[PDB]
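Notes on a structure featuring methaqualone.
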Amino acid sequence: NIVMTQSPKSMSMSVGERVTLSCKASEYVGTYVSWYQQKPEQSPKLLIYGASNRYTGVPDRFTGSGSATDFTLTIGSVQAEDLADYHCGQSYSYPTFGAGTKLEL
Amino acid sequence: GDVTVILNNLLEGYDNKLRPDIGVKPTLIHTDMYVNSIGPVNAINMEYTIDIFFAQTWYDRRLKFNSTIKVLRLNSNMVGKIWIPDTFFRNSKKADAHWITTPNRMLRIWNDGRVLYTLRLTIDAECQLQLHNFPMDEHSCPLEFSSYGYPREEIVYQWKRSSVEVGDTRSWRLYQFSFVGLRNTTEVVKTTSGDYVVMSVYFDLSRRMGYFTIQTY
Amino acid sequence: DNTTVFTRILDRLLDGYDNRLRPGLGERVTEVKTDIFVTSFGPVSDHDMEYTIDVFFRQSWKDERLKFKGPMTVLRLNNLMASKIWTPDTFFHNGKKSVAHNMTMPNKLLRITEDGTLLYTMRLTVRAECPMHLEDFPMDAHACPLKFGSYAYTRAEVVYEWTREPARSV
Amino acid sequence: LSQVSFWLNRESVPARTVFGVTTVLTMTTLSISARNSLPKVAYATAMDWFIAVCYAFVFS
Amino acid sequence: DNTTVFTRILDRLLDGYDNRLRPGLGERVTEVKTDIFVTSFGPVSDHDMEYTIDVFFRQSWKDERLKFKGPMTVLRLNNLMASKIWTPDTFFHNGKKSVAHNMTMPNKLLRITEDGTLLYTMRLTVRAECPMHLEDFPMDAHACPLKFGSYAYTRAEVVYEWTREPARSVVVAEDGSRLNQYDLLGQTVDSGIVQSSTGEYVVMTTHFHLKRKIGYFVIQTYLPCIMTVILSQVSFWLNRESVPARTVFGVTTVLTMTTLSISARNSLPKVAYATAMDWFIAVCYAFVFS
Amino acid sequence: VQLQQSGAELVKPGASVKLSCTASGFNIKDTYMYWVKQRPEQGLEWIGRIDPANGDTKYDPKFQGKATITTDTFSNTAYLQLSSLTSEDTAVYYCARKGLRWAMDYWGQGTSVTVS
Amino acid sequence: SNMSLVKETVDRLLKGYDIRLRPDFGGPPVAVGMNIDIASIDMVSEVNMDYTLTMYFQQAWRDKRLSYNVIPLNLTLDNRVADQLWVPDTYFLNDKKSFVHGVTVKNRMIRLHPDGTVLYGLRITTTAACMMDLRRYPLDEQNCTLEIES
Amino acid sequence: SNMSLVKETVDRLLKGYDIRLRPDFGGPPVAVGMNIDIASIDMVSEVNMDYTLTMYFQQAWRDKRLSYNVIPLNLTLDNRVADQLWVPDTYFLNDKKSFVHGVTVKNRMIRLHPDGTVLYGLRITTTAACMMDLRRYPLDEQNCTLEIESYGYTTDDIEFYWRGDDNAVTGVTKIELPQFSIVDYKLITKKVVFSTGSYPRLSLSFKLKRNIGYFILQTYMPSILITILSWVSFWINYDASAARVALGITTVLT
Ligand SMILES: *[C@@H]1O[C@H](CO)[C@@H](O[C@@H]2O[C@H](CO)[C@@H](O[C@@H]3O[C@H](CO[C@H]4O[C@H](CO[C@H]5O[C@H](CO)[C@@H](O)[C@H](O)[C@@H]5O[C@H]5O[C@H](CO)[C@@H](O)[C@H](O)[C@@H]5O)[C@@H](O)[C@H](O[C@H]5O[C@H](CO)[C@@H](O)[C@H](O)[C@@H]5O)[C@@H]4O)[C@@H](O)[C@H](O[C@H]4O[C@H](CO)[C@@H](O)[C@H](O)[C@@H]4O[C@H]4O[C@H](CO)[C@@H](O)[C@H](O)[C@@H]4O[C@H]4O[C@H](CO)[C@@H](O)[C@H](O)[C@@H]4O)[C@@H]3O)[C@H](O)[C@H]2NC(C)=O)[C@H](O)[C@H]1NC(C)=O
Ligand SMILES: *[C@@H]1O[C@H](CO)[C@@H](O[C@@H]2O[C@H](CO)[C@@H](O[C@@H]3O[C@H](CO[C@H]4O[C@H](CO)[C@@H](O)[C@H](O)[C@@H]4O)[C@@H](O)[C@H](O[C@H]4O[C@H](CO)[C@@H](O)[C@H](O)[C@@H]4O)[C@@H]3O)[C@H](O)[C@H]2NC(C)=O)[C@H](O)[C@H]1NC(C)=O
Ligand SMILES: *[C@@H]1O[C@H](CO)[C@@H](O[C@@H]2O[C@H](CO)[C@@H](O[C@@H]3O[C@H](CO[C@H]4O[C@H](CO)[C@@H](O)[C@H](O)[C@@H]4O)[C@@H](O)[C@H](O[C@H]4O[C@H](CO)[C@@H](O)[C@H](O)[C@@H]4O)[C@@H]3O)[C@H](O)[C@H]2NC(C)=O)[C@H](O)[C@H]1NC(C)=O
Ligand SMILES: *[C@@H]1O[C@H](CO)[C@@H](O[C@@H]2O[C@H](CO)[C@@H](O)[C@H](O)[C@H]2NC(C)=O)[C@H](O)[C@H]1NC(C)=O
Ligand SMILES: *[C@@H]1O[C@H](CO)[C@@H](O[C@@H]2O[C@H](CO)[C@@H](O)[C@H](O)[C@H]2NC(C)=O)[C@H](O)[C@H]1NC(C)=O
Ligand SMILES: *[C@@H]1O[C@H](CO)[C@@H](O[C@@H]2O[C@H](CO)[C@@H](O)[C@H](O)[C@H]2NC(C)=O)[C@H](O)[C@H]1NC(C)=O
Ligand SMILES: Cc1ccccc1-n1c(C)nc2ccccc2c1=O
Ligand SMILES: Cc1ccccc1-n1c(C)nc2ccccc2c1=O
């Protein structure tokens with residue numbers, strides 16, 4: 001399939017700072033990667049579709065970028081409700097998901 | 001004034017999908033040809049160009065009127081509203097009518113229902129040149145035409161006495177060849193659709209050995 | 001609301017109008033005044049013995065059936081009105097393959113004067129046979145003709161004349 | 001160029017032979033090329049006569 | 001009278017139908033699912049920087065005004081029904097000249113499902129512009145694009161989407177290869193947005209990756225040049241007491257090099273830089289001259 | 001707009017499970033339906049996919065045969081039939097809807113499946 | 001008069017005819033028979049990997065709607081009525097550029113038969129693609145073809 | 001429903017619409033603004049003296065007849081409605097052959113605004129005549145243009161102008177010609193006088209400078225090298241006739 005290598009495995013940052021999550025695609029996926037936020041004991045919520053497109057109801061601080069194999073999700077000025085797992089997936093081919101990234105303070 | 005009335009009466013209750021005498025007898029069509037010029041004869045594609053005025057006349061008892069006017073002289077406007085023979089050229093690689101400034105077409109209807117229909121055509125006519133004895137080669141190759149969908153039982157063509165008329169021949173585009181005469185012929189050919197009356201005009205061309213002399217010999 | 005009055009004028013003009021009949025068919029000869037403006041004299045093709053020419057072809061005739069009386073002395077009308085009226089069927093005797101331009105719209109023009117005089121111009125590219133006599137080549141001069149006239153109308157029905165002095169009409 | 005050959009000494013035979021041969025070949029190529037540009041008319045033009053006379057001079 | 005009931009269905013279906021208005025004109029965005037089947041990949045014109053391609057262009061959308069109930073679940077209708085309904089006005093952004101084939105009839109297709117889904121397929125040939133960089137010619141590779149989208153409908157009104165997984169939405173037929181001089185390595189698809197002077201439009205992109213085959217140019221240029229270099233160097237082994245022979249060798253080798261240099265460019269467009277073949281010919285000419 | 005899944009359930013190894021996903025607010029025929037597996041403290045895993053309008057299915061190569069996905073257009077529901085369950089099949093199974101560039105915009109609440 | 005009979009027959013046949021539905025729309029497939037009379041093959045080009053042929057392409061099928069029993073003769077109609085009848089959507093897959101000859105009129109034929117058999121002919125010129133293997137050129141054999149499909 | 005409201009509004013707008021008459025038929029001239037987005041300039045031909053350009057040609061004017069106030073948004077209508085509306089009779093005086101792209105449908109846009117403004121767009125390819133002076137070929141700079149004029153409407157019926165007056169033309173800097181480079185372009189507004197009246201005209205011009213590298217590779221270097229070869233003759237002993245004559249004749253023929 002297409003392997004989505006998501007780094008870092010985990011990350012902690014205080015409230016108010018800027019963070020950058022990164023996702024690496026094995027093959028070419030174009031702009032068909034989406035980012036999901038999964039809070040504990042909850043189902044995933046779509047944040048970014050396409051490669052840079054905020055889903056409706058997504059605050060303006062979340063923003064995605066990248067094309068081809070390299071992609072990134074920068075959360076500017078994280079708040080206290082941004083603690084969750086963040087998965088990157090590609091839908092160019094049959095979907096595959098990154099291993100995830102846990103965000104602490 | 002009253003020519004409008006005549007025209008309206010002619011077309012009322014008229015079906016142009018049906019040839020005159022649909023189930024009575026074949027429609028007889030007399031054809032005339034005026035040859036403006038015989039274009040270049042390229043042996044590479046084994047074809048020659050010809051520009052003609054093609055006249056066709058036939059009788060339609062539905063187009064019969066009574067008035068002091070003896071002939072209705074019309075332009076192409078009314079051509080599409082009456083029945084027209086579907087004559088096509090059998091050995092033509094491609095052909096086209098002329099449309100500037102208006103369709104180069106003419107329609108005349110006489111008192112007794114005789115119809116005359118003329119149009120201007122340029123034709124690229126296929127003929128297979130046997131190039132033995134070239135450049136001392138002479139050819140006489142044809143221009144054939146017939147109806148597409150009407151077999152002999154429905155349409156019959158007929159050459160008039162003075163059917164084919166040529167112009168001057170001094171302004172023609174024949175370089176390798178010289179026009180030496182022509183003749184007309186008729187016959188019937190069998191096809192998967194039926195038996196069709198096929199009309200043929202043969203143009204006699206003799207190559208003139210003046211270019212190839214100085215070019216090769 | 002000049003729109004409605006002008007629509008009424010046009011509808012009355014086209015009511016009971018037969019475009020299959022030339023103006024003055026019963027008791028006259030239709031006189032068409034012609035004029036050519038050559039916007040570009042195209043390249044001459046020696047190999048095909050022909051030349052290309054782009055012209056504004058202007059025609060003008062009188063149609064009594066198209067008299068009107070309104071606020072405007074002239075109706076600068078669209079190019080599609082011409083399809084509804086009778087026009088001369090001029091053609092080029094020595095033309096090979098001419099084109100009428102319809103980019104972005106039909107390059108035509110119809111102007112009806114209140115007295116019933118019509119002006120009709122169109123933009124054409126004409127390709128015409130120019131029979132050359134190459135005995136003095138390449139020191140040769142030629143006179144390339146451009147012959148046009150009426151298909152379907154004999155001299156007893158339609159005649160052509162130059163709109164201005166013949167020496168100034170092309 | 002063909003007439004230049006007259007100034008070469010009588011001992012340089014291959015030189016003059018090459019001059020003549022190449023000049024004739026050049027004239028033939030020029031005749032073909034100059035006839036290419038024209039319609040295949042069946043008569044001779046002024047250019048044809050000039051080429052023929054030049055061809056005659058080279059051959060002479 | 002099954003024809004009569006189906007005629008009645010069709011007549012009730014087009015009654016009060018305005019094909020000038022897209023489905024969901026003021027209350028929803030129309031989503032057109034798109035699919036391409038490449039029946040042949042025409043030749044690539046290096047001189048014109050273009051390529052021809054034959055495809056079945058398949059478009060599907062949902063029109064709620066065309067719901068029906070009858071003895072069928074789909075209506076396979078003659079292609080003149082498409083002219084009576086709204087259809088998307090898709091066009092190719094980098095298309096130079098395309099033709100929608102209509103022999104012997106318009107090569108079109110319209111299936112209406114009872115839920116109001118439409119399938120609209122066309123056969124058409126597209127000549128598309130493929131900008132080429134020939135610095136590595138004849139050992140160059142290119143990604144020729146095919147971009148299409150809606151004319152006159154902005155992103156807020158019509159969006160395009162691949163019907164299946166993007167990686168499976170452009171399918172090339174097995175035998176459909178008209179490439180003489182090139183090799184089709186594969187195809188890639190993408191979706192994006194272009195800001196024009198009339199608004200923001202969705203654009204669907206396909207990239208065809210082509211690798212040029214070097215064989216023709218090997219035989220036609222490289223072997224002649226190597227042969228001429230070898231022939232020029234063969235003049236060294238001749239005796240110094242043969243001036244005419246070595247002079248003939250040199251002059252004829254130089255003439256052959258000049259002819260080859262004139263011939264080589266004739267195949268390529270008139271670009272303003274030197275390709276790899278140009279450098280090879282230059283070095284061979286330098287060796288002959290030396 | 002809403003995807004309602006069945007509640008949790010405990011079964012024994014080697015048994016079979018048929019999960020349910022009810023779609024309300026849209027027609028499943030209009031989109032693809034996805035089934036995703038999430039073991040604890042791990043990443044998501046695509047199980048398979050179904051196109052209700054056509055009925056065809058695609059499965060992950062490591063789930064082919066083990067899982068079967070089917071729908072019922074009438075009730076607007078999708079099913080996932082797991083067979084030959086093993087201890088490593090304990091996870092939370094999600095039902096998702098494709099939309100807006102294949103982004104899986106809507107997800108179900110998930111079903112906790114555990115095998116003792 | 002036989003003219004009036006033919007006119008009324010044709011008017012009845014064309015009245016209420018739905019061009020949008022094929023014959024036997026809901027029933028079994030309609031069987032179309034194909035005939036081809038090849039007039040010429042014009043230019044077999046290795047450069048363009050194609051060739052041009054001109055043919056009389058004829059199709060025949062049964063259309064029960066266009067059946068009549070009041071007259072015993074086959075009605076050849078002016079080819080403009082072809083725009084009012086259903087005809088199959090036959091196309092040539094591998095053709096690059098084609099046209100129907102149109103002088104002096106569109107060269108097509110439409111012939112009705114009392115039992116409903118329609119006969120629909122076209123004079124067509126197609127430039128058909130033909131990929132040629134030139135490995136054994138000029139001692140080569142080429143196999144081209146025309147693909148006819150609905 | 002909103003769609004039924006829009007359908008009623010459009011049926012109202014198109015009822016009684018006289019396509020023969022321009023907006024403000026008996027009044028002040030209608031002002032038409034032109035926009036061009038140039039997509040490519042394909043093949044500048046010296047032999048045919050003409051270039052081919054593809055562009056998005058936009059036209060904008062106001063028609064008070066097509067004014068609506070019940071719907072708040074801009075109606076993008078199917079392009080086929082343009083056959084039922086008045087559009088300006090714009091044409092290109094120097095074009096030789098041109099067409100509107102027709103795949104998948106005709107590539108034209110019609111977009112209405114509540115105040116009555118109509119935005120009319122076309123994707124056109126014109127082969128404009130480009131008379132070139134080659135006295136300095138290939139060190140030549142060419143200036144050919146596209147003349148845009150109304151065929152039938154005199155200057156008191158219609159007015160042309162560039163919407164923006166400096167940004168009316170876009171995409172010029174992105175054009176890549178293999179043999180030329182667009183050095184400069186200008187927009188002009190004129191009035192031209194014919195025997196039938198005076199007409200608005202817009203001119204779009206391009207200044208093309210020809211790149212010379214190709215010609216250096218193709219014709220200049222070979223002749224220089226051939227001349228050096230010719231000079232080689234003087235280093236050969238003048239006792240050898242065949243060699244020197246071979247050099248000279250071969251050089252001349254090359
Ligand atoms: C696949 O797709 C192809 C592309 O779509 C398709 O090709 C197209 O086929 C159709 C059908 O055959 C063609 O349409 C016909 O065209 C005939 C003319 O053909 C010649 O001219 C056209 C261009 O036509 C313009 O010019 C003529 C005359 O100059 C006008 O009459 C036209 O209306 C039109 O005028 C407009 O455009 C002008 C600019 O060109 C403007 O200046 C003008 O103001 C108008 O805006 C050329 O394209 C043709 O070349 C092509 O075809 C030839 C065929 O041999 C090829 O060789 C060539 O290579 C090209 O391919 C050709 O040169 C029209 O005559 C015809 O319309 C008449 O017939 C129909 C049906 O009968 C009527 O409904 C219609 O009303 C017309 O009849 C009236 O007019 C005639 C005139 O003689 C009267 O005799 C008749 O009685 C009737 O009069 C009544 O109406 C009049 C008003 O119309 C009125 O005045 C009268 O008073 C009376 O009331 C038809 O439109 C189309 O051009 C083809 N397009 C192309 C690009 O080729 C192909 O077939 C498809 N294939 C398949 C298998 O489906
Ligand atoms: C040169 O450029 C000019 C400028 O555009 C072109 O002129 C246009 O030509 C097209 C093609 O004929 C015209 O479109 C035609 O419209 C006719 C009438 O449409 C109105 O009226 C009917 C009622 O009769 C309504 O149904 C309709 O909504 C409109 O209100 C139709 O008769 C034509 O239909 C034909 O084709 C369709 C295709 O589906 C069939 O359904 C029909 O049976 C019929 O065969 C056609 O739609 C257009 O109107 C012309 N422009 C203008 C301003 O009128 C020239 O054609 C062009 N010439 C060349 C050679 O390129
Ligand atoms: C490519 O080729 C085209 C075609 O030749 C060139 O187009 C020409 O461009 C120039 C300027 O760019 C045009 O000249 C302009 O004419 C305008 C109108 O002239 C009126 O006024 C003068 C007297 O001033 C009269 O003689 C004339 O008959 C008119 O009545 C001027 O208004 C322009 O500005 C002038 O006046 C202003 C006043 O403020 C000065 O500031 C200016 O410097 C200037 O003096 C200008 O003169 C010319 O008309 C165009 N050609 C045609 C045929 O119209 C392109 O320039 C050329 N280059 C490129 C890159 O495309
Ligand atoms: C053209 O065809 C007509 C009709 O077939 C030919 O007319 C006949 O000509 C011969 C003389 O060769 C006469 O004996 C006949 O009486 C003519 N018949 C009619 C009906 O007029 C004519 O000869 C043909 N033209 C040729 C052969 O050049
Ligand atoms: C009407 O056409 C049919 C065929 O389309 C004619 O009958 C056929 O004629 C051919 C040729 O003679 C025979 O080989 C067939 O056996 C006949 N029958 C059939 C079913 O094809 C019929 O004669 C024609 N009618 C008229 C009055 O000519
Ligand atoms: C209809 O189109 C007009 C013209 O573009 C829109 O008006 C523009 O609105 C944007 C944002 O509101 C402004 O930045 C522009 O300056 C406006 N243009 C003009 C010429 O005033 C209008 O918004 C569109 N209709 C709707 C409902 O959005
Ligand atoms: C062009 C031509 C050459 C020789 C004899 C007659 C003609 N000729 C002329 C001069 N005018 C016509 C007007 C309408 C229809 C046909 C013709 C015609 O054939
Ligand atoms: C003779 C030949 C046939 C096919 C392909 C190439 C060649 N070929 C060769 C093999 N050597 C040359 C040396 C100098 C100039 C031209 C050629 C040449 O054309």
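So you know, we letter chains A, B, ... as the sequences are listed, proteins then strands, and number each from 1. Only heavy atoms go into these numbers, but all of them, side chains included; no hydrogens, no water, no symmetry mates. Counting starts at 1 for both ligands and their atoms, following the listed order. Technique stated in the header: electron microscopy, 2.8 Å. Be aware that this covers only part of the deposited structure, with contacts counted strictly within it.
All copies of methaqualone taken together correspond to ligands 7 and 8. What binds methaqualone (ligand 7) most in this entry is, by the naming of UniProt, Gamma-aminobutyric acid receptor subunit gamma-2. Within the structure, the other chains placing a heavy atom under 4.0 Å from methaqualone (ligand 7) are, by letter, B, C. Near methaqualone (ligand 7), within 4.0 Å on a heavy-atom basis, the structure shows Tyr34(B), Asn36(B), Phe53(B), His93(C), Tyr151(C), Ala152(C). The molecule name assigned to chain C in this entry is Gamma-aminobutyric acid receptor subunit alpha-1. Going by the entry, the organism behind chain B is Homo sapiens.
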